[PDB]
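Report on the structure given below.
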Amino acid sequence: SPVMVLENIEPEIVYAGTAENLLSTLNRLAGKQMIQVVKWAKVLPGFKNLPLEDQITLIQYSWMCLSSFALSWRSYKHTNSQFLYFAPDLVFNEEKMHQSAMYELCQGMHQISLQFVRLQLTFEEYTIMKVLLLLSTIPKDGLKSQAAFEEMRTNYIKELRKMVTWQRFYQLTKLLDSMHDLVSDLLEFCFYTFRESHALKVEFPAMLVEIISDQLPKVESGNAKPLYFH
Ligand SMILES: C[C@]12CC[C@H]3[C@@H](CCC4=CC(=O)CC[C@@]43C)[C@@H]1CC[C@@H]2C(=O)CO
């Protein structure tokens, strides 16, 4: 059953409208995308039944994984992965990557987009993997309904199996582990531009200000335990 509902609840499109200007713009796009993210999550099978608290945590702990992974999907569906399709009005060229002073991070997300096309990823696999990323980062000590959380997660994993079936399941779950590596780098650059936003002149909406404000204190503390498949 999950296969369908997941596919029916997929979001639409969001617009974005020197490093400082670009970065600030991306943080704007991010804040708007986030409501899109929350709408998609609220009606997610299994997930929606967890206490409200657990849903917030899971989201804030994965907002970057979800933003990054989704960008790749978009860069793959709209440009054959030859560009970074952040939004219809903001597609990154080799140049803007440099222009953004976030080049290698950009190359990082781009390389994910390259796997998608190389692997010929399908929307079904994407949907399930997206859910998995939403359930891959949890507090070091757990959540209020841990057992419920674990059962649900292992089920989405089995769901991805039935989906792919075995090199496929490996290639797909290894890419998700990879996502963890890229997301740690992004978050460091984020915590930096955030911490020194006034010195760099980098802006943050308010949704992001409240997500990042809880995030780094506990992430730089080692409390955000990433879940790996391999
Ligand atoms: C958080 C960030 C700006 C916003 C983006 C993020 C990378 C992933 C991403 C993809 C999107 O489609 C929406 C914007 C966004 C969420 C960047 C990594 C570092 C950068 C900064 O730290 C600039 O302040």
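All chain A residue numbers match the PDB entry; in order, they span 737-753, 761-908, 918-982. Basis for what follows: all heavy atoms, side chains included, without hydrogens, waters or symmetry-related copies. Counting starts at 1 for both ligands and their atoms, following the listed order. Per deposition record, X-ray crystallography, 2.3 Å.
- Looking at ligand 1, one finds the drug deoxycorticosterone.
- The main binding partner of deoxycorticosterone (ligand 1) here is, in the terms of UniProt, Mineralocorticoid receptor.
- Close approach of deoxycorticosterone (ligand 1) to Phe941 (heavy-atom distance below 4.0 Å) involves ligand atoms 19 (C), 21 (C), 22 (O).
- The entry names the source of chain A as Homo sapiens.
- The contact set between deoxycorticosterone (ligand 1) and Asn770, taken as ligand atoms under 4.0 Å from a residue heavy atom, comprises 1 (C), 2 (C), 3 (C), 4 (C), 23 (C), 24 (O).
- Interface atoms of deoxycorticosterone (ligand 1) facing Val954, defined by a heavy-atom separation under 4.0 Å, are 24 (O).
- Note: chain A touches deoxycorticosterone (ligand 1) mostly through UniProt domain NR LBD.
- Here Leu769 has heavy atoms under 4.0 Å from deoxycorticosterone (ligand 1) in both its backbone and its side chain.
- Per UniProt's progesterone-binding annotation of chain A, a non-hydrogen atom lies under 4.0 Å from deoxycorticosterone (ligand 1) in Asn770, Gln776, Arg817, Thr945.
- Deoxycorticosterone (ligand 1) has at least one atom lying under 4.0 Å from a heavy atom of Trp806.
- For atom 10 (C) of deoxycorticosterone (ligand 1), the candidate residues are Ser810, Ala773, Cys942; the nearest heavy-atom contact is made by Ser810.
- With a heavy-atom cut-off of 4.0 Å, deoxycorticosterone (ligand 1) reaches these UniProt 21-hydroxyprogesterone-binding residues of chain A: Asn770, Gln776, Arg817, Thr945.
- Under a 4.0 Å criterion applied to the non-hydrogen atoms of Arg817, deoxycorticosterone (ligand 1) contributes the atoms 11 (C), 12 (O).
- Residue contacts with deoxycorticosterone (ligand 1) for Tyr944 are absent, since no atom lies close enough (heavy atoms, distance under 4.0 Å).
- By the 4.0 Å heavy-atom criterion, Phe946 is excluded from the residues contacting deoxycorticosterone (ligand 1).
- The set of residues with a heavy atom less than 4.0 Å from deoxycorticosterone (ligand 1) is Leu766, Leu769, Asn770, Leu772, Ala773, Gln776, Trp806, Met807, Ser810, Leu814, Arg817, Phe829, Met845, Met852, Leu938, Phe941, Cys942, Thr945, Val954, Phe956.
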